[PDB]
**Student:** 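My structure is below; once you've seen it, I'll send some questions.
Naming: A, B, ... by sequence-line order, numbering from 1 per chain. Header entry for method reads electron microscopy, 3.2 Å. Computed over heavy atoms, backbone and side chain alike; hydrogens, waters and symmetry mates excluded. Both ligands and their constituent atoms are indexed starting at 1 by order of listing.
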Amino acid sequence: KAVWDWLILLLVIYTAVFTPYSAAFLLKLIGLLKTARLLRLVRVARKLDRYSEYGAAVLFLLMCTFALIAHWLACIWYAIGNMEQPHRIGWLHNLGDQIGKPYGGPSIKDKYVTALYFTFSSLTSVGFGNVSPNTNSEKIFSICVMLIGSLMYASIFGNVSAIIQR
Amino acid sequence: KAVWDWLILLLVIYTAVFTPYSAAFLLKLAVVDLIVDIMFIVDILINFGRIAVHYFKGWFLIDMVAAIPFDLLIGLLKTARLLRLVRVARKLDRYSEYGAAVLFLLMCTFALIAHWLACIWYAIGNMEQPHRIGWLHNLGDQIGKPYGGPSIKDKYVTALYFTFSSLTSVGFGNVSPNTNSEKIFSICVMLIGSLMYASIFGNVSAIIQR
Amino acid sequence: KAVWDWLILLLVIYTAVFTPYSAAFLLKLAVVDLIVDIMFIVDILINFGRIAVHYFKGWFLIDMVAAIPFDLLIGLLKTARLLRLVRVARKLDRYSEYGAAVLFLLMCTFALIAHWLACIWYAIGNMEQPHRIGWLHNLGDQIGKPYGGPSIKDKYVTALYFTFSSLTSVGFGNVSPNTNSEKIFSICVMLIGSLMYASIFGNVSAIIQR
Amino acid sequence: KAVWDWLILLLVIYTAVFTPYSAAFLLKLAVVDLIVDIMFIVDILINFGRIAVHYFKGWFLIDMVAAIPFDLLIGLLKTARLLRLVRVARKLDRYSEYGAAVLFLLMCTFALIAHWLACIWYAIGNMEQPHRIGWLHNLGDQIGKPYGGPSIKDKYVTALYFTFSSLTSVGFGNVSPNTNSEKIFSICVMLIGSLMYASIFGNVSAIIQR
Ligand SMILES: O=c1[nH]c2ccccc2n1C1CCN(CCCC(c2ccc(F)cc2)c2ccc(F)cc2)CC1
């Protein structure tokens, strides 16, 4: 029971990683109900008293949730860009043109890596200029991403800057 | 009375959102603003026999100038309705009773400044439009709608997106100032956004720990 | 005498703004220059009869060096007028009592550092101009003034906008370094910004906490 | 002995700068490297009859590993000199008293992390040229030296400039990752840059108050 909770947290991280990714990339309709597995995060929400023993554990958890929200935003971004694609506008067409794989199109690995890279650059406020929103849906998604990204950036990194002394 | 002032705050936020938009993007329904101004007249009637002179000596004039209809550049006089923000500024103690309320107020004012700067950005872009240098021409080309050009929705979304990116210090590169007026306004927006982040999110860090 | 210090501070701000700008751009009004020189001569005269010996060893040499005209490129020696900053540097006791004064000083030093970096950026971009890779060629190509070339106003606004975007961590992508000297200067600007942005905005957050 | 400690710190900085640069770029002078090796041999000799037992069972293994010549890939095997950083990491007491030497050390480790990331970035980029995709091809196109391509100076300056921009969250848009390896490396660089910003410059904000 002492080490059961760490394994439970690792498996909940696994399922919270691989449910949105599958539901956003691998469909290419009753299987959509599998998205309800995300409710398992309440276990790690309620086990904070046991998880927060060490400050390095809190830093690892903060990095993990930042990466997790980046992954979820990447999945949403790919879903948005995939809905518009079969209807040179949109990020998927530009990505296919850039890597020399005209839309066929880029492989799933390339699309996921591009989406995660764009989401990380937006959340960290770098904006490399390689990937830029170009449609109304993409622009509104970007606006929401920067809003909640300012919020989560402030909260997460203020917590980190408070803990680092400890 | 608390519910009344919270509803007053909601209506103040509504008019602050909808006045600059109608000033800039419109003038190329009215039932909502008619209801809002009628309800604000009801509020000023509530705010006023012994305390009427005290209120008249205090904040009566500021509300009065912001409550007189301008029905008779001619249509631009409605920008004076933005003065109602001090109605919320004067009673900030009531709103600062909870940490969540302060957090929501900070986010709301950040979005409100972004909206106001978006309206100013569109006004700057439009005043130079009839003179491929401005941002409106680039927007038209990128969206595949070369200059009727982009619609009102596309133009507002692009202005808000550029303003949010500049304030948050992302700089996506899709929209970049190209004329001197755009460059100066962008410098001002960068300073405003730096101040926004510093002050607001220092306050946010202060609240979250408690 | 009571208000002489703030007038001297304003004069120092003026010369700090207009000496690097003149040296970097206008080398290829004199009345205000003469007025400023006469005002500084008056200041050094009244700064002084048993205390003259104390000043002779204290700060007279620096003020005398910064006050002597160099007219006999003779204009490059006029950069010595930038030495007047020690007058406000040493008098920090008076200027650090009002919190609003401290905030205004921080804003002015941010703007001054950005202006100096813009002047250095233009000097770098112009020293390599006669040698399609520099930022001046791209600026001329993108604003519709192909090299001729852009006006002085356009060049200054572009340089200041690039410097502000670099210091504020926006990086708009309109102006991007494309030469070894430009890239090295951009790295130096990145380091100086990492220090100065953090320090100044931490101080500003501290004042806001008050 | 303090002079010896500071000289050893300077030599540690030198080797941490020049062995990864050599490994990344110069593969496919030596007098200074030989002098530094002899100096570190002198240092490990100095590190030593009652005290030799403590050193032999203490830090002698790491120092011996970092001091044994590998002149029998040798160019890649010379990287084993990077373990000399423990020699400064284990004497942090001596380098924490000036109150500004530690700030200089923070700036130096900023520059060192940026330089190492630049070396890794160039190592990633150069391995893909045999296989207009890649940052080296774009660099060649931009600076007007199409792929023989850019010189070693241009490649190093571009790599360091991109790494600094990524860490400092500017993203100038001149250099942008395009391959999966470049994108993943950039993701990692952004993450470590954010974390290092938080930690290191929280420490810097704490230190600048004194
Ligand atoms: O405001 C925001 N809204 C946002 C919304 C979403 C996401 C982020 C948002 N953000 C902030 C993100 C962090 N960013 C400051 C980084 C300091 C940086 C630096 C460097 C040089 C410089 F000149 C200025 C700033 C630096 C980086 C690494 C370091 F090690 C040290 C300092 C300010 C914008």
**Student:** Which is the drug at ligand 1: epothilone B, ibrutinib, pimozide, cenerimod?
**Tutor:** pimozide
**Student:** Which macromolecule here is the main partner of pimozide by heavy-atom contacts, as listed in UniProt?
**Tutor:**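 The main partner is Voltage-gated inwardly rectifying potassium channel KCNH2.
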**Student:** Which other chains are in heavy-atom contact (under 4.0 Å) with pimozide?
**Tutor:**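 Counting heavy atoms only, the chains are A, B, C, D.
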**Student:** Segment by segment along UniProt's transmembrane list for chain D, starting at the N terminus, which ones have a heavy atom under 4.0 Å from pimozide?
**Tutor:** 6
**Student:** Can you check which residues touch pimozide if I set the heavy-atom cut-off to 4.0 Å?
**Tutor:**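 At that heavy-atom cut-off, the site is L123(A), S125(A), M146(A), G149(A), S150(A), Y153(A), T168(B), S169(B), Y197(B), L167(C), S169(C), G193(C), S194(C), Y197(C), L167(D), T168(D), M196(D), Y197(D), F201(D).
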